[PDB]
Visitor: 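Lab note: dihydrotestosterone/Androgen receptor complex loaded, questions to follow.
For chain A, we keep the numbers from the PDB entry: what you see runs 670-918, in order. One-based numbering, in listed order, for ligands and for the atoms of each. As a basis for the values below, the full set of heavy atoms in this structure was taken, side chains included, without hydrogen atoms, waters or symmetry mates.
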Amino acid sequence: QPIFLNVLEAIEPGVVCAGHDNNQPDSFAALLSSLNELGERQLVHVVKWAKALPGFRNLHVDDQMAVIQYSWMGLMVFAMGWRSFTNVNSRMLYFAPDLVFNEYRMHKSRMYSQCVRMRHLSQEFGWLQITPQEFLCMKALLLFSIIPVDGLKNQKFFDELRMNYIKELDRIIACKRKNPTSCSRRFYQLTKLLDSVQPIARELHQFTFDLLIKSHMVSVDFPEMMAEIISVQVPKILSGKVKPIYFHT
Ligand SMILES: N[C@@H](Cc1cc(I)c(Oc2ccc(O)c(I)c2)c(I)c1)C(=O)O
Ligand SMILES: C[C@]12CCC(=O)C[C@@H]1CC[C@@H]1[C@@H]2CC[C@]2(C)[C@@H](O)CC[C@@H]12
């Protein structure tokens, strides 16, 4: 495989447990608290993963933290969808080996509709027969799919880096598409899939935001990093100061 592909497959984070006590009844407080703890843990891996991405360190240090704090949601949801597809054939949401959501939990989580959309996204991997290489390249591009309206500290470098990752995706598609009427069609399908992630991410952004505000009333715990990011970064997205980068209108 090319060097780019070797790197993506090599830095891909391993299994991460949520530390949820399945010995406890499925309550809203317990379920969401574990989801937050999982988010905190995953965030650590995302940071290491990102800094290990080709050219990422070329971005200004401040922009490195910015893009991560804005796209972590989309990145995790996309990865979760892939796990769910690969582990339980998208039958359930495989957040973590110790935190698998079934119908009952989807309802109990008080975000059934959102879970439904994530399951659909999960199924898309199967319907479109997404390859492991395509998944990796798409997930990397998600790290560069949401920035502030006023641009980053160094938009030049970000725009160049994003472009290079979009090109890498093309090669992965053109490195097997022997059919002349499937190559271009494939890029269309993948870009559409990538876009369908943002709408889902925004719904979770609004949901987690509201949950944090009334977290003390519903007995839901938010880790240090999660609480800080959801109250400082997320609001910028919900207020329209930070918007996702769509391929299609
Ligand atoms: N295509 C290559 C890997 C390859 C991947 C990427 I993302 C590239 O983007 C940049 C641009 C400016 C930089 O400072 C850095 I660091 C990286 C380049 I240049 C090459 C391979 O497969 O070996
Ligand atoms: C990103 C996580 C945790 C990591 C993952 O696999 C995807 C999943 C999507 C729902 C998120 C959850 C983290 C905690 C959140 C943000 C809850 O507060 C509400 C929505 C939850």
Visitor: Provide the full list of ligands or chains for dihydrotestosterone.
Guide: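 You'll find it at ligand 2.
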Visitor: Can you walk me through which residues contact dihydrotestosterone (ligand 2) using 4.0 Å for heavy atoms?
Guide: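 Within 4.0 Å on heavy atoms: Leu701, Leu704, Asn705, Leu707, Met742, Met745, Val746, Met749, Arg752, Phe764, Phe876, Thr877, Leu880.
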Visitor: Which residues in chain A does UniProt mark as 17beta-hydroxy-5alpha-androstan-3-one-binding that also have a heavy atom less than 4.0 Å from dihydrotestosterone (ligand 2)?
Guide: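 Heavy atoms under 4.0 Å from dihydrotestosterone (ligand 2), UniProt residues: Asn705, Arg752, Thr877.
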Visitor: Closest non-hydrogen protein atom to atom 17 (C) of dihydrotestosterone (ligand 2), residue and atom name please, with distance?
Guide: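 In this structure, atom 17 (C) of dihydrotestosterone (ligand 2) has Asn705 OD1, 3.5 Å as its nearest protein heavy atom.
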Visitor: Could you tell me whether atom 21 (C) of dihydrotestosterone (ligand 2) has a protein heavy atom closer than 4.0 Å?
Guide: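 No, because not a single protein heavy atom sits under 4.0 Å from atom 21 (C) of dihydrotestosterone (ligand 2).
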Visitor: Of all the non-hydrogen atoms in the protein, which one sits nearest to atom 2 (C) of dihydrotestosterone (ligand 2), and at what distance?
Guide: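 Among all protein heavy atoms, the one nearest atom 2 (C) of dihydrotestosterone (ligand 2) is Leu704 O, 4.7 Å.
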Visitor: Find the UniProt domain of chain A where most residues contacting dihydrotestosterone (ligand 2) lie.
Guide: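 Most sit in the UniProt domain NR LBD.
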Visitor: What residue and heavy atom of the protein are closest to atom 16 (C) of dihydrotestosterone (ligand 2), and at what distance?
Guide: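 Going atom by atom, the protein heavy atom closest to atom 16 (C) of dihydrotestosterone (ligand 2) ends up being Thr877 OG1, 3.3 Å.
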Visitor: Which heavy atom of the protein is the closest neighbour of atom 7 (C) of dihydrotestosterone (ligand 2), given with residue, atom name and distance?
Guide: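 For atom 7 (C) of dihydrotestosterone (ligand 2), the nearest protein heavy atom is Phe764 CD2, 3.8 Å.
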Visitor: For dihydrotestosterone (ligand 2), which atoms, with element, lie under 4.0 Å from some heavy atom of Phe876?
Guide: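 Within the 4.0 Å cut-off of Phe876, dihydrotestosterone (ligand 2) contributes 19 (C).
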Visitor: Which of the atoms in dihydrotestosterone (ligand 2), numbered in the order shown and given with their element, are less than 4.0 Å from a heavy-atom of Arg752?
Guide: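 Within the 4.0 Å cut-off of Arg752, dihydrotestosterone (ligand 2) contributes 6 (O).
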Visitor: Just to confirm my output: which protein heavy-atom neighbour is closest to atom 11 (C) of dihydrotestosterone (ligand 2), and how far is it?
Guide: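 It is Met742 SD, 4.4 Å.
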Visitor: Provide the organism that the deposit lists for chain A.
Guide: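 By the entry, the source is Homo sapiens.
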